[PDB]
Participant: 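Just downloaded a structure that has valpromide in it.
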2 protein chains.
Amino acid sequence: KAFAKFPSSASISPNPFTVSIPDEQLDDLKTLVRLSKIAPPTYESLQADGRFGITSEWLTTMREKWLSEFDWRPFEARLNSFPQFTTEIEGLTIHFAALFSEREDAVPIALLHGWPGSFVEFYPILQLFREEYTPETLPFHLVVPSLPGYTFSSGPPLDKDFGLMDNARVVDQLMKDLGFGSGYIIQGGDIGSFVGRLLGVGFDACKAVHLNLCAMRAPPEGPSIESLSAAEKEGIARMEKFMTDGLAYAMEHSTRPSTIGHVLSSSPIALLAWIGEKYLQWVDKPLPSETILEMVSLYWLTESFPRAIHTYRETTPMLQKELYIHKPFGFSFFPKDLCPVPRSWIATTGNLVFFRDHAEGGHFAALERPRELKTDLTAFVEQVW
Amino acid sequence: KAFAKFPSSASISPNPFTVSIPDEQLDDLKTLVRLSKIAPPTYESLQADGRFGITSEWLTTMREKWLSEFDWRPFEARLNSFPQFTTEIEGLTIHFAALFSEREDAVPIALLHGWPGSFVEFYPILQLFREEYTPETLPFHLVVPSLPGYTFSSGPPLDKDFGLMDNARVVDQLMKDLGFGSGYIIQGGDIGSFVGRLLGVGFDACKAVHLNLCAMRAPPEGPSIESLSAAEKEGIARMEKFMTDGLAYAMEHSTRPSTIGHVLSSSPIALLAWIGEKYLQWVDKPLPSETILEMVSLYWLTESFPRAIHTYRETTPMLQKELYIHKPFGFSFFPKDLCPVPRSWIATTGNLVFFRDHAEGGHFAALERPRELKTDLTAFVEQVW
Ligand SMILES: CCCC(CCC)C(N)=O
Ligand SMILES: CCCC(CCC)C(N)=O
């Protein structure tokens, strides 16, 4: 119960949450893994560079590991190693993990995941904080919500559409419910950066926003592409290849969410292939194979996929004007994330007072470079709060 | 044995082929249908208009029918009701159905299927010819090949890339093997129309081409989208919707064929969702539910999907110049196929000497409107041969 006490000004009741998947669901996962079939080998599945997606070799070995090496129980205990709670907001059950400080002056921060991630993405950073602070000295309140449609959060609604602004509104309400209406900071990557920008733009209690993703076109009023350094041009080139060769999954989520939702719900191996591809291609250094299995299993056991992808019709269907962040705005750049835009471009989308360049790390910043992201966020808060 | 005799000038021996799927394969299929999971209901899968893809209701109903009503054996007997053969070309096993005339002067025609179709698409046309003629009066040789990577054809190769031109080369060589080196005509729709175009462009034994698809953008020289009729502009808008809201599946096939191949091989429910969506959306009048079950089961049992999608790299990554059909060119227009372009546009892409416009019918012309397609084709052949 260390770090678990709600701040003094929270208005909601603490409802402690524990992950406890019944053995039957685990047995059924294994059964469905076993019954699943692998594609016959094809020219494309035999390409070791994986330019056409996951290889037969990888899927074959991952499937065997899932049946024989994988154990949910230690990962689950790890999920349960931090304080978690649920609360209801607009009739939605909203799950969140948290490290709450006992200091009255602690800066409230919400850290926002995306797809195919989750609240667990931030666990390595929570771990560093717990190794390095006590509840008495912890300088921040660290709130890690599950966004509507993900894992232990319910939703989105069945009877109406739901988008990025609805996600933002829920996050702000959580922060308000926990006692943070006088101010909070947002850390956001992936879909959480879209949500974080909206909080910065339109929500008075959001005082500052740090992002590790700024997906954007060339700014209308410049600077132009030719003003970019050779290295920044390499980044734009990587982004353009992502935008042309790497976005088909997102356009399927966007245009046919119901179809792909059913497709990936039918077999755990379908889900692994689709989500596994991104955990392979979107990082700098390869993740442990068990981490991929853990994340995919988490999605499977919570039926996350068909619920989570609603925002794709908004993210993958103004940054200088309507969605310009007037508040203190920070950015951490990791080169192997998918949209490596230059600082000069990012600077046009908000009041950029803080920028950190990194030599390594890909899309899953919190998982891949937890120290660098924690350090960057800490410096940002110390600068602007 | 009727209609099964190879022409006198064939250089290959007949190797008669029969579909015979073992009971164990059907048993495994049924079990995977039963134990594959369905997504929980979402806002998207509750949309009765299906704008987000297949609904929970449809998939649930189709699954119940697949388990309790579907029977592979009568469909299989139907496959086996026309002459079928295999021959080896470039180390590939090439399957084809056929009605061979005993008339020495019979016009050789190959009819080319696409995705998610197969040789059986042309069975209604073959039956109409069989009812109308005897082997001694049949005016055409009707060859219906299975393209590399589909159903009972093997391949494509595991050790090299394979594309549309390779498909054209295989078809042209099959026709030569069967004795038609002095000339043949091609009917093509879907991917078969891309292959059909390449045969008209680059293969001299191909004497004329009839297509029911001509996917293209506005021609440079004319006429402009402005001068088009109201009905033509409505067609342009349907095509434009297809290219923007309806193309994600193809972009996934194109960019990540290995991943989607494995996804859809993992569970027959996955395959049914992905392919069934297209059998629903691409037709004019709804097909019987059992037809979709039959088409999907045929893909499942032959592991067609991962092998067949190789051409998408080229079809979904010139028509007035390099790929202009200088040979007699014919076109059948069915309004609910996916790219309904004006006749004036089509005319810029070949020597268009034949055009038939239809009030009804969608993508799967041979299936949906067999009398119209057979009839258009006969008229075309008699005119140009
Ligand atoms: C919000 C959509 C962003 C993309 C990844 C690009 C960085 C995704 N998660 O599908
Ligand atoms: C070759 C791409 C054609 C499309 C349908 C549009 C007519 C398909 N079969 O994927």
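In what follows, every chain begins at residue 1, and chains take the letters A, B, ... in the order their sequences are listed. All ligand and atom numbering here is 1-based and tracks the order in the structure. What you see below is based on every heavy atom in this structure, not just the backbone, and it leaves out hydrogens, waters and symmetry mates.
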Participant: Which chain forms the chief contact surface with valpromide (ligand 2), and what is its name in the PDB entry?
Facilitator: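 The chief chain, as the PDB entry names it, is Epoxide hydrolase.
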Participant: Which chain letters have at least one heavy atom nearer than 4.0 Å to any atom of valpromide (ligand 2)?
Facilitator: B
Participant: For atom 4 (C) of valpromide (ligand 2), grab the closest protein heavy atom and report residue, atom and distance to one decimal in Å.
Facilitator: B:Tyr249 OH, 3.2 Å
Participant: Would you say B:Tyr312 and valpromide (ligand 2) have an N/O pair spaced under 3.5 Å apart?
Facilitator: yes
Participant: Should B:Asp337 be counted as touching valpromide (ligand 2), given the test is an N or O pair under 3.5 Å?
Facilitator: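 So valpromide (ligand 2) has no N or O lying under 3.5 Å from an N or O of B:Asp337.
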Participant: At under 4.0 Å between heavy atoms, which part of B:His363 makes contact with valpromide (ligand 2): side chain, backbone, both or neither?
Facilitator: side chain
Participant: Just which atoms of valpromide (ligand 2) are under 4.0 Å from any heavy atom in B:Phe242?
Facilitator: 6 (C)
Participant: Closest by any non-hydrogen atom to atom 1 (C) of valpromide (ligand 2): pick that one out of B:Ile191, B:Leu247, B:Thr311, B:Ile309.
Facilitator: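 That would be B:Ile191.
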Participant: When you compare valpromide (ligand 2) with B:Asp190, is there at least one nitrogen or oxygen pair between them that comes in under 3.5 angstrom?
Facilitator: yes
Participant: Between the candidates B:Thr316, B:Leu213, B:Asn212, which shows the shortest non-hydrogen contact distance to atom 7 (C) of valpromide (ligand 2)?
Facilitator: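 It is B:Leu213 whose heavy atom sits nearest to atom 7 (C) of valpromide (ligand 2).
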Participant: Within a distance under 4.0 Å of any heavy atom of B:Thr315, pick out the atoms of valpromide (ligand 2) and give their elements.
Facilitator: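 Counting atoms of valpromide (ligand 2) from 1, those under 4.0 Å from B:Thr315 are 1 (C).
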Participant: Please list, in number order, the atoms of valpromide (ligand 2) under 4.0 Å from a heavy atom of B:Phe194.
Facilitator: 1 (C)
Participant: Which chain positions lie within 4.0 Å of valpromide (ligand 2) by heavy-atom distance?
Facilitator: B:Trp115, B:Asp190, B:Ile191, B:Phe194, B:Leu213, B:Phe242, B:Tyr249, B:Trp282, B:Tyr312, B:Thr315, B:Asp337, B:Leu338, B:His363
